[PDB]
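A short worksheet on the structure shown next.
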Amino acid sequence: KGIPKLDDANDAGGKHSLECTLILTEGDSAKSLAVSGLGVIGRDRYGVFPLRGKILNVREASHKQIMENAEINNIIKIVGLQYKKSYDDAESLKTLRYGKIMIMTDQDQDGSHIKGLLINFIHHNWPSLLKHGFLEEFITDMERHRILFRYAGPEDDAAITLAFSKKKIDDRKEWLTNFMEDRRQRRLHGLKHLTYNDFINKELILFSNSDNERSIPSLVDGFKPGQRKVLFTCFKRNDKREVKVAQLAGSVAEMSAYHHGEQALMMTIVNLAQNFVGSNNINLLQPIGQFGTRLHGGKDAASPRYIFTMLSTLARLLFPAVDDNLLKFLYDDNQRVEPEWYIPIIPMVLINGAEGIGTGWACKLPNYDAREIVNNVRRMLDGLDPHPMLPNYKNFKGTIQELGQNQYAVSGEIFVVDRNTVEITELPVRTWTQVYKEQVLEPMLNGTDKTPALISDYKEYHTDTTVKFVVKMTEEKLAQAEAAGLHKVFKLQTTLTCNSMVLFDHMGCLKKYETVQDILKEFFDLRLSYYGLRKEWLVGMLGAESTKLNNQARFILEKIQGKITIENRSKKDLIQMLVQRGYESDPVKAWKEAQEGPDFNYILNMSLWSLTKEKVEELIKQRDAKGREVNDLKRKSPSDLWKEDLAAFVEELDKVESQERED
Amino acid sequence: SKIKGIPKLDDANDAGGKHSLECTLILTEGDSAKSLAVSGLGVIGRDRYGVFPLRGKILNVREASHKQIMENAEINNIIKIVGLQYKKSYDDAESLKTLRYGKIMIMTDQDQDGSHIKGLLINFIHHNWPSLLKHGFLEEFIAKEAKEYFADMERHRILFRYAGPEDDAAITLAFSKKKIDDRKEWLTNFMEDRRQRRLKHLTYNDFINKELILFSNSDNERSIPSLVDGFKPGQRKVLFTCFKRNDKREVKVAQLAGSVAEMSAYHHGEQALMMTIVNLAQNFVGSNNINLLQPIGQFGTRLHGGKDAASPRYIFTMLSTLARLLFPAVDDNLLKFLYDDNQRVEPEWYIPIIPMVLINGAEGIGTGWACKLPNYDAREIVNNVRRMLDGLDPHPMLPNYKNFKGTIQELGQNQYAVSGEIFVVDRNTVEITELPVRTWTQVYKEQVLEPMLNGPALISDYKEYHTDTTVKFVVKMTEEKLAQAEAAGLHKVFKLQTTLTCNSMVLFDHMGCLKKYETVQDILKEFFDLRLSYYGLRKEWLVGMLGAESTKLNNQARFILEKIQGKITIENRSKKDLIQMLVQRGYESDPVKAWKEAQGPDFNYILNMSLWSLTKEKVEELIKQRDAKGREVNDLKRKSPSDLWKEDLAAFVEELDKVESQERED
DNA sequence: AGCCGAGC
DNA sequence: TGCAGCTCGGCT
DNA sequence: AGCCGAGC
DNA sequence: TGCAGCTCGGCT
Ligand SMILES: O=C1c2c(O)ccc(O)c2C(=O)c2c(NCCNCCO)ccc(NCCNCCO)c21
Ligand SMILES: O=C1c2c(O)ccc(O)c2C(=O)c2c(NCCNCCO)ccc(NCCNCCO)c21
Ligand SMILES: [Mg+2]
Ligand SMILES: [Mg+2]
Ligand SMILES: [Mg+2]
Ligand SMILES: [Mg+2]
Ligand SMILES: [Mg+2]
Ligand SMILES: [Mg+2]
């Protein structure tokens with residue numbers, strides 16, 4: 001009574017309570033379809049209530065969080081449940097307004113996750129209810145869609161616990177390892193009641209796995225699938241002017257078959273464009289408009305509906321168009337979409353870091369310096385070993401120092417000005433300006449219930465991209481602060497631990513990398529061999545292009561010398577004639593064909609202009625130029641090709657970063 | 001005093017204190033403006049300046065209900081932040097001592113809707129505290145640019161001045177429900193004067209008469225449809241975009257909106273455009289007789305009046321096959337396309353083959369005027385057009401709603417009774433099978449049947465057997481109560497009869513003048529003369545163009561024939577010599593290009609032909625094409641504009657039959 | 001205790 | 001993912 | 001006491 | 001136009 005969006009069952013709460021089913025739906029739309037297929041007749045024994053968004057995992061949630069959750073509370077009230085009340089006997093079930101809950105989600109992995117979270121909720125508070133068979137599901141003949149969950153022993157308790165307990169992270173790792181190894185095996189070969197154990201190990205695990213596939217980036221290009229689709233869509237559009245972020249998101253959805261809510265995409269586009277300190281070392285997309293600042297960690301970005309973006313000039317230098325011919329492009333229902341990965345010229349995964357949380361594993365990598373990485377790549381091309389690399393954030397004025405393995409001290413900047421004054425001109429990476437102010441300087445100024453005041457005043461002189469705090473203290477307090485350690489006292493040192501460098505390798509296998517050098521080496525070997533493929537590809541293609549022009553130059557000359565005439569000949573006479581004179585069928589088309597009647601259209605589609613003087617000359621020059629182009633390319637090694645790309649990238653990186661310091 | 005529960009307020013440091021009157025509350029249009037203001041004020045500004053954002057148009061408090069006024073978030077917030085009190089005169093300097101701020105600075109977009117918000121705020125103060133206006137309570141303010149604007153603030157700062165009773169009358173003219181007539185005259189003079197011209201302190205009177213009036217006029221320009229195509233500009237931009245796009249598969253509505261925004265220079269929030277798209281696509285009883293866009297997905301139903309439409313990111317649309325039959329592509333060449341800053345956008349109007357303004361029943365609300373037209377039958381209209389083409393008189397027309405099973409009877413000029421369907425089944429039972437047009441099923445249940453069942457109850461039970469597109473109530477009652485109901489009249493008792501009155505058919509005519517039309521027959525005639533005239537233009541245009549195409553093909557065939565015969569050669573000839581030779585032999589510079597311009601010699605249309613052109617099959621194919629084009633121009637010259645119109649009408653009716661048949665099956 | 005971000 | 005209210009005129 | 005819809 | 005909360009793992 002008095003709950004929004006609840007369509008309570010007529011007989012709910014009465015004598016026929018335990019004959020009533022509450023349908024919990026995934027969102028209002030599923031609630032509407034349930035309402036349509038239910039009433040008028042089904043209105044007596046069936047209630048409907050929509051849930052919007054993932055629900056609280058209650059199993060180890062705090063008391064406050066549980067007591068305040070809107071969704072859990074609404075279910076408790078609607079059903080008549082009570083905490084701590086066992087439902088062991090058949091007389092205690094009389095207090096319930098509903099006898100069954102039917103879960104109705106999308107028939108997809110996120111749907112399974114909500115099912116799971118609802119199951120987890122009941123199993124945690126009222127396992128007794130699971131033994132009577134309290135939960136059903138509606139899969140999308142209305143009784144043939146109804147499937148009953150069935151508790152059948154402690155192995156069902158163990159499966160729900162494995163999936164939803166914070167204490168079972170290690171077990172989930174093993175769990176998913178078995179799943180990933182098994183599905184890898186089957187890839188080389190081939191391919192009414194439901195226990196909770198079968199749901200967890202045969203359905204939920206599909207979500208848990210997809211969670212990893214969408215949240216943990218690839219080593220090769222540093223992208224997750226959604227990010228990859230964004231770049232793919234952008235490369236394809238080739239926008240020469242800015243696009244609304246919201247419009248770009250719709251375009252990605254269309255062109256790359258992204259099957260998810262678009263606000264996620266818009267947020268991802270924003271993340272790819274951000275360029276403040278502690279975000280992207282190299283943003284592949286331009287933040288045209290307010291995309292967020294270091295004042296609020298980007299949380300001050302404007303709506304995707306009022307900000308614009310387009311490719312950075314660095315994007316195609318980093319992911320050259322020509323390499324597209326070597327990628328494996330995926331398919332979504334007979335539409336070709338994004339590749340399994342791009343193959344950038346430097347390991348992008350290190351340049352911009354890597355943040356991802358999945359199931360069993362999570363990924364964290366800090367930023368690394370683009371020029372250092374270029375230099376180490378050049379070293380490895382020379383046969384030398386790469387230098388060790390420290391994390392490095394563009395425009396960060398502080399220090400990052402190694403403490404141990406995969407652990408670092410990140411320090412901002414504080415200098416004593418006089419005996420009453422310190423100045424803070426840099427905050428440690430990922431410490432935001434507004435947050436430092438509210439959580440450090442204010443308490444330092446005002447004291448708290450648990451800490452005394454330490455400073456007498458502070459003044460702000462920040463810009464949008466820099467930090468300047470001028471802080472006043474008594475001489476006494478400044479002296480004490482110095483003895484204690486200025487950086488320490490002012491919370492300007494944080495540590496950075498990187499013991500979860502978890503990525504998908506090029507084969508699609510999840511792996512833990514112990515050092516960044518390992519990531520660099522695996523990337524290097526792969527990228528070097530792709531320059532080999534690129535060269536082979538270019539030799540063939542340029543070659544076919546050369547053969548093409550040869551046949552075209554040959555026909556024009558034979559034509560303007562009267563050695564051949566096409567005037568008023570039938571198509572078949574013409575084709576037989578050209579064959580008999582040894583003209584090759586379209587070499588370029590032939591060559592693309594090999595990469596998986598005679599065609600002389602590349603000749604006869606030429607304009608009449610071709611026969612004129614300037615056009616004969618111009619055609620001969622092009623033929624000769626392509627011939628030299630074939631030989632210039634044969635002279636270049638994979639390493640040469642890579643070195644050209646690196647040089648072009650650094651040149652533009654310098655121009656672009658120089659212009660940022662001006663702009 | 002401090003202010004506790006107003007989350008988005010940034011109170012001036014000195015507001016509510018000794019220096020209250022020296023503080024300014026900046027009221028902004030939206031949160032974005034607030035942020036820019038907060039940046040502009042820096043840290044210095046925080047002391048004498050408060051910022052509070054308003055989101056959306058605010059309540060017109062003049063003549064508003066007491067309830068509305070008491071429950072409104074924005075005006076109650078403004079009242080709390082400033083410390084105002086209803087019914088208190090702020091004449092002397094004593095009375096001013098209970099205020100937390102001395103002045104309000106309004107900061108809106110420098111566009112028409114901004115002016116409207118300023119005016120509503122001004123209206124709010126003028127209505128409750130006229131005394132405050134005399135003191136100069138109200139002022140206004142005209143990226144990274146933000147911190148710069150505020151250091152030069154004084155130039156951007158305008159003060160409103162109260163100068164006499166003419167200031168009271170201007171505000172009252174704009175915002176009083178009692179001054180609709182004066183607003184009509186106000187805008188009429190404005191529109192007239194504007195038509196002719198084509199041939200530090202700011203008094204309120206000048207704000208109303210020189211700034212707000214521009215909003216009122218824009219309000220009509222966007223809300224009141226054109227007679228010619230039955231569109232308002234937002235709708236027109238959508239259609240224009242769809243034609244340009246020419247989608248062969250469904251596009252998400254939200255994506256379409258973004259596309260319209262881009263291609264047609266739509267300068268407003270996209271949610272309004274997505275709603276317009278949904279509106280153009282709807283096809284439940286009482287919406288469109290001919291939906292130009294297809295409702296692929298849940299676009300709403302008669303159950304809730306379309307308000308049950310799914311979100312625009314989960315629904316799809318595309319052109320109806322009928323759209324280009326109604327708005328033929330060839331006629332695009334006769335339209336005046338508009339420019340928005342170098343970009344070519346939608347036309348001033350489209351010119352459909354029947355008066356679309358009557359088919360889907362245009363409706364809108366502006367300032368001074370509003371528009372309502374009911375739906376009319378497409379075939380009846382086609383038939384009246386045919387009648388007028390033969391010099392006959394058009395039959396009078398009754399409103400007609402596609403798939404409406406009830407009755408529309410004419411009481412008199414522009415006056416109609418619209419009735420649903422109710423019939424006695426037995427002596428305990430009536431059945432309701434149609435609701436009057438625009439009575440929605442759920443609403444009828446809630447406001448009619450529910451009361452009858454409950455609170456002096458009249459019926460005993462009722463059951464529902466609706467479908468998505470049909471209505472069926474079966475109603476149970478005692479013989480005694482049914483006999484009474486049936487005596488008083490079943491349609492009357494069950495409220496299945498509504499009146500439809502149409503005394504405000506206001507539309508922009510073809511010249512962009514607002515006009516009131518008294519009958520649909522007037523609308524139909526004025527449309528008819530324009531459209532017939534445009535079949536004239538289309539014929540002229542087509543004869544010119546097809547002629548140029550004929551010439552073009554003549555020269556091309558000629559070159560080809562001459563080439564395959566030896567009479568001419570281009571092999572190894574200089575470009576310069578080749579041009580000169582073609583000239584000497586009297587080949588014509590691109591006839592099509594030349595014709596288009598007419599509204600050195602260019603022989604590219606000859607020389608860009610492929611070598612394939614010289615081959616046997618292509619030579620015959622070219623001769624065929626040349627002849628056919630010649631026949632096409634001759635065939636068109638013989639025809640009258642009426643003939644062309646009749647061809648389009650017949651094509652339209654044939655597809656309308658197919659489409660509507662397939663709907664009743666599907 | 002709360003951030004990180006790609007989903008609902 | 002869905003939630004939140006107002007203008008303006010004619011009409012009921 | 002509220003619908004209709006193109007705006008904020 | 002802006003408003004609302006949760007998952008999952010590592011780590012502060
Ligand atoms: O449910 C969504 C939601 C969704 O179901 C599908 C797509 C979405 O984008 C949302 C959603 O955004 C959402 C809320 N958004 C608040 C802003 N936080 C970051 C959103 O990306 C804020 C709240 C919210 N749902 C509230 C229910 N909370 C679940 C806890 O039991 C949602
Ligand atoms: O302010 C908007 C708004 C806007 O400023 C710009 C664009 C918008 O689409 C809105 C807006 O939709 C809005 C509200 N929408 C509720 C859905 N019903 C109306 C259909 O858009 C519901 C409330 C709302 N504003 C809050 C209430 N302000 C009215 C003053 O009494 C707005
Ligand atoms: Mg789903
Ligand atoms: Mg990043
Ligand atoms: Mg505006
Ligand atoms: Mg309509
Ligand atoms: Mg009113
Ligand atoms: Mg946690």
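Quick note on labels: first sequence line is chain A, next is B, and so on, each numbered from 1. Ligands are counted one by one from 1 in listed order, and the atoms in each one are counted from 1 as well. Side chains are part of it too, since the values below use all heavy atoms of this structure and drop only hydrogens, waters and symmetry mates.
The drug candidate or drug found at ligand 1 is named mitoxantrone. Other chains near mitoxantrone (ligand 1) (heavy atoms under 4.0 Å), by letter: A, C, D, F. Residues with a heavy atom within 4.0 Å of mitoxantrone (ligand 1): A:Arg52, A:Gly53, A:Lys54, A:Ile55, A:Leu56, A:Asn69, A:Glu71, A:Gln263, A:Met267, C:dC8, D:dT1, F:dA4, F:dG5, F:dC6.
Taking a distance limit of 4.0 Å, we find that atom 29 (C) of mitoxantrone (ligand 1) is approached by some protein heavy atom.
If you check which protein heavy atom lies closest to atom 5 (O) of mitoxantrone (ligand 1), you get A:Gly53 N, 3.1 Å. Put simply, atom 13 (C) of mitoxantrone (ligand 1) has no protein non-hydrogen atoms near it, under 4.0 Å away. Protein heavy atom in closest approach to atom 15 (N) of mitoxantrone (ligand 1): A:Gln263 NE2, 4.7 Å. For atom 24 (C) of mitoxantrone (ligand 1), the closest non-hydrogen atom of the protein is A:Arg52 O, 4.6 Å.
Which parts of mitoxantrone (ligand 1) touch A:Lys54 is read off a 4.0 Å heavy-atom cut-off, strictly below it: atoms 29 (C), 30 (C), 31 (O). Neighbours of mitoxantrone (ligand 1) among the ligands and ions, at a cut-off of 4.0 Å: none.
Interface of A:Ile55 with mitoxantrone (ligand 1), defined as ligand atoms under 4.0 Å from a residue heavy atom, comprises 31 (O). For atom 9 (O) of mitoxantrone (ligand 1), a protein non-hydrogen atom is found at a distance below 4.0 Å. Within a 4.0 Å radius of atom 32 (C) of mitoxantrone (ligand 1), the protein has no heavy atom. Under the naming in the PDB entry, the designation for chain A is DNA topoisomerase 2-beta. Contact atoms of mitoxantrone (ligand 1) toward A:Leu56: 31 (O) (distance under 4.0 Å to a heavy atom of the residue).
For mitoxantrone (ligand 1), the atoms closer than 4.0 angstrom to any heavy atom of A:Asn69 are 30 (C), 31 (O).
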